[PDB]
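Beta-galactosidase in complex with 1-deoxygalactonojirimycin.
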Amino acid sequence: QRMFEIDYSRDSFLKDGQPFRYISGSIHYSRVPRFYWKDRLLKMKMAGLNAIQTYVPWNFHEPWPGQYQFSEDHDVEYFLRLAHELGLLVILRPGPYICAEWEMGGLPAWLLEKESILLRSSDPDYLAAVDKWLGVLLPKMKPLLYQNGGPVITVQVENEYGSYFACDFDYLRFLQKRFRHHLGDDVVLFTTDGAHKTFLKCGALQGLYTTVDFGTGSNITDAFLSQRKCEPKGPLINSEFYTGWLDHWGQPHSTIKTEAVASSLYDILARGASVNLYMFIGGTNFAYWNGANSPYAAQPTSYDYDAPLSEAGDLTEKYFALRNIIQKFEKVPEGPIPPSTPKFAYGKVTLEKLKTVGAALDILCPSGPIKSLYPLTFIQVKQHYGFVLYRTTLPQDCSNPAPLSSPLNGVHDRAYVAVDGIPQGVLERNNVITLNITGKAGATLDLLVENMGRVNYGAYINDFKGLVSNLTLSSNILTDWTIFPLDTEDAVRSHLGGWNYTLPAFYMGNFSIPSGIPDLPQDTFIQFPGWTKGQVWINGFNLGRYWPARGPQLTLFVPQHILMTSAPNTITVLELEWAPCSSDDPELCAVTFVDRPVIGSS
Amino acid sequence: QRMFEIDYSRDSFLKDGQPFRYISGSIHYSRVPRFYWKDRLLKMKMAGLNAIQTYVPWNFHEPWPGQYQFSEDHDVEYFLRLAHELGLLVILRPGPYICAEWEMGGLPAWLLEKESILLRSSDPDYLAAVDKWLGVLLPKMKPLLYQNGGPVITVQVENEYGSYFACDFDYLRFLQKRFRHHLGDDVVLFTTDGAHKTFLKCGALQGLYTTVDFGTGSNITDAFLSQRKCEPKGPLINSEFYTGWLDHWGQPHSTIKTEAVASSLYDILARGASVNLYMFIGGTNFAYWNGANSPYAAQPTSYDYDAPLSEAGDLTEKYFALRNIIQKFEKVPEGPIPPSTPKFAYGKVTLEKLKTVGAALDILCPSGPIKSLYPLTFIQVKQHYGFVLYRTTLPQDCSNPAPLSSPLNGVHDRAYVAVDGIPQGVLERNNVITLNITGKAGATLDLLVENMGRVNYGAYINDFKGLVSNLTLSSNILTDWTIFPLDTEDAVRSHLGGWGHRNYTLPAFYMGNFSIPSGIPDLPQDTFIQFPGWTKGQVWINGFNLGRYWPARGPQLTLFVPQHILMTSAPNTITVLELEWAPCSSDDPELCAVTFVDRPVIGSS
Ligand SMILES: *[C@@H]1O[C@H](CO)[C@@H](O)[C@H](O)[C@H]1NC(C)=O
Ligand SMILES: *[C@@H]1O[C@H](CO)[C@@H](O)[C@H](O)[C@H]1NC(C)=O
Ligand SMILES: *[C@@H]1O[C@H](CO)[C@@H](O)[C@H](O)[C@H]1NC(C)=O
Ligand SMILES: *[C@@H]1O[C@H](CO)[C@@H](O)[C@H](O)[C@H]1NC(C)=O
Ligand SMILES: *[C@@H]1O[C@H](CO)[C@@H](O)[C@H](O)[C@H]1NC(C)=O
Ligand SMILES: *[C@@H]1O[C@H](CO)[C@@H](O)[C@H](O)[C@H]1NC(C)=O
Ligand SMILES: *[C@@H]1O[C@H](CO)[C@@H](O)[C@H](O)[C@H]1NC(C)=O
Ligand SMILES: *[C@@H]1O[C@H](CO)[C@@H](O)[C@H](O)[C@H]1NC(C)=O
Ligand SMILES: OC[C@H]1NC[C@H](O)[C@@H](O)[C@H]1O
Ligand SMILES: OC[C@H]1NC[C@H](O)[C@@H](O)[C@H]1O
Ligand SMILES: [Cl-]
Ligand SMILES: [Cl-]
């Protein structure tokens, strides 16, 4: 009964034998609480989109081999059925690598247990893992295919493989074969690459429909000409038409002008091309889900993207402008659009020190440390995200400053250094590979190492994290390590079992919200004036990383559904560098909730 | 164990042996949906108020003798417990007459079944009915008294009795006896009157503590001197310090400057006086609950009052200004204040005519009409609120226009007139007592008569409603009437029977539906409904009577729609009963419509 195909005669899609063109927007279900899925999708539908496009992050669903997460916020099948309910078609991008400014481009860190693994290639062990994953994911997606009564109209294989150095065509052919095994012979499979022959060379494959991506800076004729070299016939497709851009900590917030996005969108649509707006809503990298680029620069917690729907789902002037463009081509749904959420400034909330990381090792590492002659990586100690403590003893007297160094630039990505509980400062990947330290002979040398996000693009996606090479003190290699993987998420859930720099430490405070008020709790934004760099949880939910010292993001988005009115709300901060809490003024040791985000600070 | 008393020695109250003075604000639970009680009460607490003051409208709780309403939106006991739970004290004002720009000052219309009754007096039938009511209400209030562990610290007896002509001191003593009987000998009982000896003369009583009321235009020293003449010792008290004022249809919206309320408040508090701010939130006269003044002028649906909290509960500049003054005397609660609710513009919703009133008679009057030689009042036909259809036959040919008159000005308060389904215009209390009509001999003459609100103040609170005197056609008395009391609320809730029972246009019901999506955390939201092109009538959403609209007069153009009556997925049904002229005749279906907006317009030109 139901069919979706490429017709090579009208340079078109045919949906149930009818000319069809898609106008789609990207929304990542892993970047929006499920509480808000229907809000965002309905806002997208009201804009005149007839489809949405989404990535399936493998590492979001398979945190350990054979251990799966498909419930609640991880319920991709529900997310797709919801889109379908709303009258939206779906362009599925299941990877296995997705890029996406996301931790290791969606690839599970446990792949790195084979240290020599060649990711995104025909490496047999990489293929065997991919095959197992596809064996779990694709039979789920099969009933959601259009032909079987679901919303999924096309499926991307890999993601910009043409940008990767490997150029392993047998890898692409394997994915093609495995996608066909699980999904059948009708589903439209495609690939996406930059709009240039240099990208298309290694990214395009026979039997996979070749599509391009490009933003407002690209000559649209030339871009589609490049697609046409690969596909003389069939629909013109821009799979990621950029509505904005990504950010890095320390760099100015990226924006793209509404007039530019509207102008290019109209041009693309007028050509009869199918198009997807990347991103339509960007949302948030909660917890440790952000990625990074090479040379090492991490993307922030916010994935606002300057998208037409803001981080918290707000209707922007860009939203209305693009809706007006769509309305020139298609009738858009009638009625009022769901509103931007109300925001509430809960105001100042004082915190008090709970414990330093150093004093909390029983709770953070209840299994005990691992001893090693030389340092081990995050992967080797079986921890993928967050923080690992490296401990040794000083082999000599350091009454005069002595150089602590990582000659091979092997602090991945940042270390907070202490000696006998006295903070010495910070080592940084690519920036600070030496720090002068002092302490007595036999003093305890501690390095709290942060994985700031695995690189998600380029050759260096095999990003282990930790002390990945030796440390030297006064030119001598430091040996005899006591390494504590840190169970930060459990420890914060239990209030740490108690159910110029400062030592890394947890600070906690409470605030109440009245019950029986129809419009509370509301969404809010948490700000950290006087703090420096760390992690924040509210009611045990890890909202991400703050870094007001570096910017551009100052505030973090707090969705209302994690806030309660039946018992006090808890806020826990792990501050890594300097806390405003040693002063005699307790009101300084405090966070503030405001009703407007600040993501573009100078 | 717990104690609350007047300390006469030290011109003070004592709460548990400790000096105390109250800073209170009026909230009428009968004018706020219960869905929002905690919201309003918490904002009031956050303003620095340590008590609230409220009226108990008798008619709101006893629609017929022996039939009582104390549940859901009528749950006074719950409201008072909620206030207590928030740490607020309560000054209770149970009447039995409350004035309050409320229908008949709170008195039940069925009191008028005795035509010659003298309300607010020792009239035995009035007292008998008052006694029965107090014996139901006051035992419910007893456990909520401060000394029994509840919030209620003082209780008003009557309401500005000194403004009433009767000056019946037996009546005041009778109330005092009965309040003491039910509530006990410790409760502080007090009266409130205008701050002048001419008012205090008939309002004050030995044994009831005399308080005064006054707003920003009064000299504070003089006002409190007038109290002190009556109460040389004890706390100074302003029981109604006006934050704004009431409206009438056709008059500009009343406002009082923030700076004036703020300055007077500072001066009252600086004297050590206890004070209640009337109103703190005004809210809404939903359904037919509004009052009227004499000479006949009805107050509108909105009771915004220009209060510090707006009709929809919004934090205004006035709110923050008054909080700032209170902060100069007391510590005000810490923490952020619950916000103004979000408002949402659902937009235009088309309606279409369902049925005229004349066509819906079977559903509106399922028990059939009452026949009478001369017209009967609302009270006589056992209808208190809303609309009654009076029908007769023309005794003469009126091919040439013939004058239909109420010679004694007895259309109370408005009549929409039709002859054989042709609208003839409007008869109006005071303003138009004659209307020329045409029709053949034997043609059906209909007058749909609306009760626009029983006068709530003055001598003329015995306001019967309907045709209260004869009609004349060409000077001859019209006889042989068929009178249909109309169950509009029942009929609207059954979609004029469609859902079963589990220049002028004819008065008619117009209906339309709109949907709100489900699964959206922030929908439904509060809204405001506007009626462009409409004239005068009544409005319901999902069977809830939102009140009266009259964009033809103003100043209120929009009506407040609380979000809890709106539903998701299932269509919301809007019913408009238009009385005079609907924008629905033309080939433009788009004109027959209402519009939901996100800002109130209650102060338009
Ligand atoms: C894009 O390139 C084509 C040639 O391929 C040229 O004709 C055109 O001027 C360019 N368009 C724009 C907007 O620069
Ligand atoms: C550390 O101290 C030594 C000797 O004072 C000095 O030469 C060097 O520049 C310092 N190095 C760093 C990395 O601060
Ligand atoms: C550290 O140094 C030792 C001795 O040179 C060497 O065996 C080892 O490869 C190094 N380990 C790391 C993790 O760099
Ligand atoms: C905060 O609340 C938690 C649980 O929500 C409670 O156990 C604790 O006693 C409170 N602590 C403080 C410092 O307010
Ligand atoms: C109010 O009246 C008193 C005398 O009773 C007088 O002293 C004062 O001037 C008056 N106040 C104002 C503001 O006129
Ligand atoms: C009624 O009609 C008469 C003509 O017979 C005219 O004198 C009079 O003004 C009209 N009355 C009204 C109320 O319009
Ligand atoms: C109407 O007129 C008759 C005859 O004069 C009179 O007896 C009766 O009381 C009047 N009724 C009303 C309701 O005015
Ligand atoms: C409005 O909705 C109700 C319930 O679905 C239905 O009975 C009524 O017929 C509806 N009217 C229209 C015009 O849809
Ligand atoms: O936002 C930039 C963008 N580049 C192209 C990739 O395919 C996307 O996942 C992404 O990382
Ligand atoms: O709003 C005016 C105010 N007047 C005095 C009365 O006591 C109140 O009920 C009231 O009507
Ligand atoms: Cl996507
Ligand atoms: Cl009151």
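Chains are lettered A, B, ... in the order of the sequence lines. In chain A, numbers come from the PDB entry; the residues present are 29-527, 545-647, in order. Using the numbering of the PDB entry, the residues shown for chain B are 29-530, 545-647, in order. Note that these values count all heavy atoms, side chains included, but never hydrogens, waters or copies made by symmetry. Header entry for method reads X-ray crystallography, 1.8 Å. Note that ligands are numbered from 1 as they come in the structure, with each ligand's atoms numbered from 1 the same way.
In the structure shown, the parts corresponding to 1-deoxygalactonojirimycin are ligands 9 and 10. Counting only heavy atoms under 4.0 Å, the other chains near 1-deoxygalactonojirimycin (ligand 9) are A. According to the PDB entry, the source organism of chain A is Homo sapiens. Below 4.0 Å from some heavy atom of A:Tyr270 lie the following atoms of 1-deoxygalactonojirimycin (ligand 9), by number and element: 4 (N), 5 (C). When heavy-atom distances are rounded to 1 Å, the UniProt active-site residue of chain A nearest 1-deoxygalactonojirimycin (ligand 9) turns out to be A:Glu268, 3 Å. Neither the backbone nor the side chain of A:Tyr485 comes within contact range of 1-deoxygalactonojirimycin (ligand 9); no heavy atom lies under 4.0 Å. Short contacts between 1-deoxygalactonojirimycin (ligand 9) and A:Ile126, defined as distances under 4.0 Å to a heavy atom of the residue, involve ligand atoms 9 (O). Comparing A:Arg121, A:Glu186, A:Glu268 by heavy-atom distance to atom 5 (C) of 1-deoxygalactonojirimycin (ligand 9), the nearest is A:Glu268. Taking the UniProt substrate-binding residues of chain A and keeping those with a non-hydrogen atom under 4.0 Å from 1-deoxygalactonojirimycin (ligand 9) leaves A:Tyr83, A:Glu129, A:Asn187, A:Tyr333.
Within 4.0 Å of 1-deoxygalactonojirimycin (ligand 9), judged by non-hydrogen atoms, the site holds A:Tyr83, A:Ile126, A:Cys127, A:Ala128, A:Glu129, A:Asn187, A:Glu188, A:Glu268, A:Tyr270, A:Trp273, A:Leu274, A:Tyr306, A:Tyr331, A:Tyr333.
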